[PDB]
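Heading - dolutegravir complexed with Gag-Pol polyprotein
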Amino acid sequence: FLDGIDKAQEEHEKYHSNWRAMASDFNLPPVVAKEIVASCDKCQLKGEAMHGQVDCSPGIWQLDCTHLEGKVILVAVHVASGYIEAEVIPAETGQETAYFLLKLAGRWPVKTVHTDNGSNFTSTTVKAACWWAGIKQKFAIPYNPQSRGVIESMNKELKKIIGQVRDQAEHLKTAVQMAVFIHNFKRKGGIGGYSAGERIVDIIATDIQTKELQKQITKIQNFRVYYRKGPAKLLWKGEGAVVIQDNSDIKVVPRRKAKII
Amino acid sequence: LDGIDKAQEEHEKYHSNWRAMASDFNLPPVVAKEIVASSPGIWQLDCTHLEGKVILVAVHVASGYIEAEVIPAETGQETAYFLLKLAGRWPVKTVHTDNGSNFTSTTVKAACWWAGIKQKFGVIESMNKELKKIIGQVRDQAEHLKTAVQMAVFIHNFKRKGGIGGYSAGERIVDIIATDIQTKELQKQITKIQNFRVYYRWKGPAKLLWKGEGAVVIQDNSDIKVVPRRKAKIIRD
Amino acid sequence: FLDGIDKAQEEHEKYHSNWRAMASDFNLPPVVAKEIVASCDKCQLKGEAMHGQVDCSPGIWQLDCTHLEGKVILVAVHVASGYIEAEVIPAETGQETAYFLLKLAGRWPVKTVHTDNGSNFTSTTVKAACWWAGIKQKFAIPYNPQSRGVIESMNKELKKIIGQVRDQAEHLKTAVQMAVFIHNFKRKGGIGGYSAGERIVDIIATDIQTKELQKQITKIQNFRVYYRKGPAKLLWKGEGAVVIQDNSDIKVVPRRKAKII
Amino acid sequence: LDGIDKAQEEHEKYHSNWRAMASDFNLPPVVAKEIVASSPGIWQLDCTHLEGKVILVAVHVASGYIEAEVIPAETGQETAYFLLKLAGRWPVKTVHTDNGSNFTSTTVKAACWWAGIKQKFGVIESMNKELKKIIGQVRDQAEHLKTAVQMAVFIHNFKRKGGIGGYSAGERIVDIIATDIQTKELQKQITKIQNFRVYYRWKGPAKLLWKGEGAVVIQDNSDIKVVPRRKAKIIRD
Amino acid sequence: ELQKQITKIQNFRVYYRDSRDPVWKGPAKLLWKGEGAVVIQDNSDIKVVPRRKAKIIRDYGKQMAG
Amino acid sequence: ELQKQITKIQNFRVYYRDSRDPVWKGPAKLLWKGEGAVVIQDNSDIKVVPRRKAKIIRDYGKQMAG
Amino acid sequence: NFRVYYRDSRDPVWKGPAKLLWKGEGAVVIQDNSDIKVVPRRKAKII
Amino acid sequence: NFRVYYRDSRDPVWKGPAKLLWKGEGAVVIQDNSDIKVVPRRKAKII
DNA sequence: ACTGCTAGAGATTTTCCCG
DNA sequence: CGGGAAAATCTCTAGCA
DNA sequence: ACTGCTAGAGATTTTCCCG
DNA sequence: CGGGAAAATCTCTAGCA
Ligand SMILES: C[C@@H]1CCO[C@H]2Cn3cc(C(=O)NCc4ccc(F)cc4F)c(=O)c(O)c3C(=O)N12
Ligand SMILES: C[C@@H]1CCO[C@H]2Cn3cc(C(=O)NCc4ccc(F)cc4F)c(=O)c(O)c3C(=O)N12
Ligand SMILES: [Mg+2]
Ligand SMILES: [Mg+2]
Ligand SMILES: [Mg+2]
Ligand SMILES: [Mg+2]
Ligand SMILES: [Zn+2]
Ligand SMILES: [Zn+2]
């Protein structure tokens, strides 16, 4: 393909033909045509077609501001449950955000907050509020709303409910609180057919209960497990497989070639 | 299925409740509820004063969990907005107020009507004392009294472990509300099943308790009898 | 459910709970809860999750204007093949559009043009150009670009190529023509691994050839087919099934219970 | 597979080409190309004059199909832009111009270099006469001469059926370009296969013609022999 | 004669879509071509597809490959 | 004792996702809960899921239904 | 018959109920207060 | 090693090549002309 | 070193009910 | 074991701006 | 009475090659 | 019949603005 490869690079500098057009018009295997494409900086114009996945640990909250009828609505969602906390605030400032956040940390267990890079969220006063409450801050990649996908979707949902119940109130602050009520307790679905309020109660209750339970189990069940290695601590055994922890690496090895001591 | 008689004997000896009878002896909770059968939404409101400002404080009486904040003025509208917020954040069935003007206004009543809260006109006082004590401990860590009030609420709800099991008010309120959700779900199951009528082996009309995958539990003449599914014909009356 | 139904409508007027929340909180079968939702005008806020499909007959062209570096690029695509015709025009006016269109109709067989409702396309002069060339106009639903999906995607593709070859020219008009060349002849893919130029040649050639062929076949193969009815004209027979046309309704009835005369 | 000998006899009697030999006797076209073996990209350019304006006209000589338009001036840049447009719209390998200044400029040459067009310096004249005749027939249906020129191009390409098979220039050019695509594809297939060497039953090196699903066609000593796939070993030289 | 014509029609391929699937269904066999509809044959099956959902090519690469 | 505790842990359900599938995989069985990961049991199979991909509930409706 | 609720023509507010006149693949023709509208089925709900 | 081409931070123009420093699920950390950037994998191409 | 999601509308598939 | 009807599940969309 | 699409990047599945 | 490697196919995304 020596002749064909030189003609295809000359032609790609002019036209930037894709790998198929080169493979077809100059007798080249697909791998060589694809290599010619992959060597051109000018043809690197497309990302990989996937989506990541946001953190859904029990302690993560995604915060954002949204805007309606000229006012700023500060919205938080508990990622695991879909439970929202929202207030009309007078301006999009770090002072009101730090206050909202410190209230939230006093109301529910908050371990981590995840926001875009608006000035209210990156403010030093919000940083001092998080440091006092023990809240870790995580800032999304700039201008990637998909990273705040949960709270952005909650923005859409809260605005839809506000639009459904706007006529039952006068001030937007009241309609916002009504919509927070409606979302948290009057809409059921999701994983356990729950409402968001039921679901957050279940998530947090489960967190506390499992924490205590496994504390007691590990306090009682103390053994050492060899497989294939060293004294790997035992997590769980049953149904022909054993779960163990060898140097902070949890692996599921079958019962065969695994002994518990 | 076979531990039902054990559960009846346990209830006759010790008068245990349906939770223990359903967890120890493995029974669908409607069965244990039949054996045994044969607050979590109450909040206390009260405004308190400090540095010239009014601190509106809500207390979930069953847990000791606090929701407090500085309001601009002691009017009906401010109290009603606080109530809408509380109800949208927690299951609030009943509020216990003190006949004050704000707690009786037409707007607070309309908000309790919208949220479906019932209004009825000591713990609130002691909790206010605890709140003012924490507010005093942390007034210097903040400039405005609203920030200090929220700091104190945080300390009270998550940093003050007391009571029997050494829990915070937040853990307690989560446990109590989880129990109440279990209660509501069990009541929904009972209400569902209470409309059915059963005929088994064909004997008289019997009351349905469970339609398991391998058996059907019924209750005839105050006697809980387990029968196969083919041997019984469920209807709706 | 008489008691439960009255309480659920009272509650839905305030909160607009979804069908699950009502079914759960008031003992209602899902059909009754869903009916309460479906009776509220205020809860009809979502369309059906599908997409239509644009016409891809051999004679349809989708036209649109696009904008780059301050100039107006008029773009046509042949829907069946992906073949584009594009020119920088001096303004977005019906006069330049009628001229572009009449040229296109003189270059390729155009039966139908499909555009958005821009003023250039709805102009009376474009209408007179279509009437002289024998072109039927189809206007999409206003403000539904998905209806012009093919040409909008071609806009994206043409701008990407222009960006790849912009430095090889001076005036945007030249780079546009280069990009039209590159799209029509130097990018292969799609149904027959073709380029757009090859593909349009094949589509049109096939149209002409099949038209003549079936003309000759129907001219020769003349029969009448009864099944189950009347004298249904015969289209095709073979492999145990017969294809026939009974009152402009083409149905495939098996060989059994179908006789050809 | 079995009609190969029939194809050879037909080529000996009638000297038919590979199209008939591959369509009538059912042969992968590389087989018929071997039996038989043992313009469509040429355009004519020329500027013409009318009502004081210059009409640049391109003619696909094999079909009689026209691309004409009014240009502002007879310069290199205008001709080169017309050429880029033509080449992006059709497969253009070669253009036949008349040594005029516009047709020899550095810009037209650079555009032919970019598009990969070869330049070489009667039909054009007669076609211009036909175009001016149609332009005269339809000059009154339009105001500007450019619109009339495009109307005439339309009439010539799609409304003037002539020649043997009563086709328009558009149908003819589509047929001719389709034939040329078939030609290019057959040449690509031949170039692919021409690098292989075959050993069958083990005889000497033979030339591969087709690697079908049930047979393998080769050519040894000017003789086209069909053998099974297991009975032959293809390599690459 | 008529048999040659019918086999010729049957050399053409049809790409088509169904009324709710946006994927273009792979190369099928053309049995009949009408004004409003074409009759195809896709994997031992005779479907009737409307013209606006049908791309009909010969595919010169496969024709030349045999 | 320890058996009661282990069965209690095993009453909890786990919804989880895999690193490239956005669908939340249906209710699985909780075997172990750690700081960084939980060990589940989904349809006679033992997977190790990171905590940030795992929603752990008890589901009071099913608990009350038995 | 049928109730049709729709979002038309860049207005993100949902209107209706309207009468359904024609139901194609991808679009419907509705009659809302004497006005005939044409709406994509992505932007309507037929009851 | 790896070449990384990316589109960052609202600029629709694609930059690169950059060096890859870290590869997570959903994001990468690149080093382009001494600048550390963090980019979603939807907005990068690793060679 | 971080990361699309949520809820509803309609379609399709599984489960349960009485024979 | 068989259909029917109801539930459960799956697919897919806009809006978040 | 009209209607999302296109092309590329990466993953997964089918096909072909010599044993 | 068996793997390996290469092709074909399938899945899924942004930008069209
Ligand atoms: C000045 C701060 C910080 C820097 O960036 C800006 C601009 N911005 C833009 C959007 C937005 O484009 N939403 C539509 C959307 C698109 C895709 C998706 F997955 C989710 C979506 F919500 C926001 O929501 C938002 O909060 C902001 C904002 O706050 N800021
Ligand atoms: C004044 C004319 C007539 C009336 O409407 C306006 C405004 N408009 C808006 C877009 C646009 O929003 N493209 C983004 C997009 C979104 C989704 C999708 F499927 C395809 C897409 F291209 C156009 O492309 C466009 O040509 C116009 C236009 O021409 N006009
Ligand atoms: Mg924001
Ligand atoms: Mg936002
Ligand atoms: Mg437009
Ligand atoms: Mg457009
Ligand atoms: Zn390139
Ligand atoms: Zn409603």
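Every chain is numbered from 1 and lettered A, B, ... according to where its sequence line falls, protein lines coming before strand lines. Start at 1 and go down the list; that is how both ligands and their atoms are numbered.
- The ligands or chains that make up dolutegravir in this structure: ligands 1 and 2.
- Within the structure, the other chains placing a heavy atom under 4.0 Å from dolutegravir (ligand 2) are, by letter, C, K, L.
- Binding site of dolutegravir (ligand 2), heavy atoms within 4.0 Å: C/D64, C/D116, C/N117, C/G118, C/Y143, C/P145, C/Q146, C/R148, C/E152, K/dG4, L/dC16, L/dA17.
- In this structure, atom 19 (F) of dolutegravir (ligand 2) lies nearest to the protein heavy atom C/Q146 CG, 3.3 Å.
- In terms of polar-atom proximity, C/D116 is counted as a contact of dolutegravir (ligand 2), with an N or O under 3.5 Å from an N or O of the ligand.
- The UniProt domain of chain C holding most residues in contact with dolutegravir (ligand 2) is Integrase catalytic.
- Within dolutegravir (ligand 2), the atoms closer than 4.0 Å to a non-hydrogen atom of C/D64 are 26 (O), numbered from 1 in the order shown.
- Formally, the PDB entry designates DNA chain K as DNA (27-MER).
- Within 4.0 Å of atom 9 (C) of dolutegravir (ligand 2), not a single protein heavy atom is present.
- Among all non-hydrogen protein atoms, the one lying nearest atom 12 (O) of dolutegravir (ligand 2) is C/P145 CG, 4.1 Å.
- Of the protein's heavy atoms, at least one falls inside 4.0 Å of atom 3 (C) of dolutegravir (ligand 2).
- Within the 4.0 Å cut-off (strictly below), a protein heavy atom is located near atom 28 (C) of dolutegravir (ligand 2).
- For a threshold of 3.5 Å applied to N or O pairs, the pair formed by C/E152 and dolutegravir (ligand 2) contains at least one separation below that value.
- Among the ligands and ions shown, the others lying under 4.0 Å from dolutegravir (ligand 2) are ligand 5 (magnesium ion), ligand 6 (magnesium ion).
- Atoms of dolutegravir (ligand 2) found under 4.0 Å from any heavy atom of C/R148, numbered from 1 in the order shown, are 23 (C), 24 (O), 25 (C), 26 (O).
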